[PDB]
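This entry carries S-rimantadine.
Chain letters run A, B, ... following the sequence lines, proteins first, then strands; residues in each count from 1. Values reported hereafter were calculated over all heavy atoms of this structure, with side chains retained and with hydrogens, waters and symmetry mates removed. All ligand and atom numbering here is 1-based and tracks the order in the structure.
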There are 4 protein chains.
Amino acid sequence: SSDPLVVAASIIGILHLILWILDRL
Amino acid sequence: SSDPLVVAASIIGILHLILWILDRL
Amino acid sequence: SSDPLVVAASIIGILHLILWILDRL
Amino acid sequence: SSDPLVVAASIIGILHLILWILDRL
Ligand SMILES: C[C@H](N)[C@]12C[C@H]3C[C@H](C[C@H](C3)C1)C2
Ligand SMILES: [Cl-]
Ligand code: NA
């Protein structure tokens, strides 16, 4: 378990990774 | 729950997203 | 403990640091 | 509580913020 704030920041970072990849594909 | 250091790093990443957006609006 | 999404985002950030270092050595 | 990996990534993120601030002061 995690603070919902920590989960959201985690989803930002993962989505940041996704898009970084997609912009470079 | 989360360690308070993880919460603070979370709040930094969220605020970082906020400001990144604001500077681009 | 942490939520696996938080763990995954963590591994991204650590791996990001590693790569940033390696690209600059 | 958090996974030590989450704590580690959190410290990276907080130290990244600090350095970012210091390089711009
Ligand atoms: C570096 C990210 N902003 C991150 C987001 C979440 C909070 C902390 C640790 C990890 C999960 C990674 C900071
Ligand atoms: Cl956590
Ligand atoms: Na936790």
Practice task
Locate S-rimantadine in the structure and include all copies.
Solution key: ligand 1
Exercise for the section: Write down the macromolecule with more contacts to S-rimantadine than any other chain, named per the PDB entry. Expected result: Matrix protein 2
Exercise for the section: Tell me the other chains with a heavy atom below 4.0 Å from any atom of S-rimantadine. Expected result: A, B, C, D
Practice task
Pull out every atom of S-rimantadine sitting under 4.0 Å from any heavy atom of B:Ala9, numbered as shown with elements.
Solution key: 8 (C), 13 (C)
Handout entry: Closest protein heavy atom to atom 3 (N) of S-rimantadine, given as residue, atom name and distance to 0.1 Å
Key = B:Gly13 CA, 4.0 Å
Problem - Nearest-neighbour protein heavy atom for atom 6 (C) of S-rimantadine, which is reported as residue plus atom name and distance - result: A:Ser10 OG, 3.6 Å
Practice task
Considering only protein heavy atoms, determine whether one is less than 4.0 Å from atom 1 (C) of S-rimantadine.
Solution key: no
Problem - atom 11 (C) of S-rimantadine touched by protein heavy atom at under 4.0 Å - result: yes
Practice task
Name the organism the PDB gives as the source of chain A.
Solution key: Influenza A virus
Practice task
Tabulate residues with any non-hydrogen atom nearer than 4.0 Å to S-rimantadine.
Solution key: A:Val6, A:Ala9, A:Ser10, B:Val6, B:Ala9, B:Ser10, C:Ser10, D:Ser10
